[PDB]
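Gamma-aminobutyric acid receptor subunit beta-2, liganded with diazepam.
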Amino acid sequence: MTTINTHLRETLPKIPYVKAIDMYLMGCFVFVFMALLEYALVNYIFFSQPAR
Amino acid sequence: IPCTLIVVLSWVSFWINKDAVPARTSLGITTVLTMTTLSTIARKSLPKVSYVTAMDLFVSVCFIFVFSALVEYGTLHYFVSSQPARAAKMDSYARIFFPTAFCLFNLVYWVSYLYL
Ligand SMILES: CN1C(=O)CN=C(c2ccccc2)c2cc(Cl)ccc21
Ligand SMILES: CN1C(=O)CN=C(c2ccccc2)c2cc(Cl)ccc21
């Protein structure tokens with residue numbers, strides 16, 4: 001996702017506001033980031049109780 | 001040549017043992033990385049046309065193939081834990097179904113785009 005964003009971010013002008021495609025890339029990044037964080041949370045609670 | 005080579009790279013994951021989970025996952029996802037980078041660096045030759053060309057379709061199908069290989073291993077790792085009777089002969093089926101599907105795609109693609 002970082003490589004994809006970089007390619008599009010390094011091909012457009014330096015505008016201060018957030019675009020629609022930037023919002024879509026940030027949403028996708030937040031989804032993959034949250035998947036990694038849920039993996040961290042399921043790796044934390046696994047030893048205390050594997051049911052949760 | 002390089003996208004087809006990366007597809008065969010994703011193919012080599014089937015002959016690896018089904019127990020080494022980080023090996024097959026890392027292979028598949030790094031192959032996905034290589035496909036994305038090659039696709040992006042390859043689209044900078046042609047202009048910003050909005051239709052699909054005969055070059056976009058090829059790299060798109062190669063990405064799909066890599067995506068299907070990784071998702072197939074994912075379903076394999078889920079099914080070895082759920083029920084082993086279905087997941088034993090799935091990889092042996094994939095080992096023959098992926099190259100034949102890609103070869104049939106290549107034949108139909110090349111004839112359909114060299115007839116036009
Ligand atoms: C602008 N932006 C953010 O603020 C969230 N973190 C970044 C990031 C994090 C590490 C390296 C590069 C970029 C990111 C990643 C994407 Cl794929 C899309 C939007 C985005
Ligand atoms: C940015 N990008 C990728 O990450 C790899 N797969 C994509 C794609 C993959 C499946 C369907 C549609 C598009 C693609 C296709 C081209 Cl023609 C150029 C760059 C590119």
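Each chain gets a letter, A, B and so on, in the order the sequences are listed, and its residues count up from 1. Excerpt of entry shown; contacts counted in excerpt. Note that ligands are numbered from 1 as they come in the structure, with each ligand's atoms numbered from 1 the same way.
- Other chains in heavy-atom contact with diazepam (ligand 1) below 4.0 Å, by letter: A.
- By chain and number, the binding site of diazepam (ligand 1) (heavy atoms under 4.0 Å) reads A/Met1, A/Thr2, A/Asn5, A/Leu25, A/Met26, A/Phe29.
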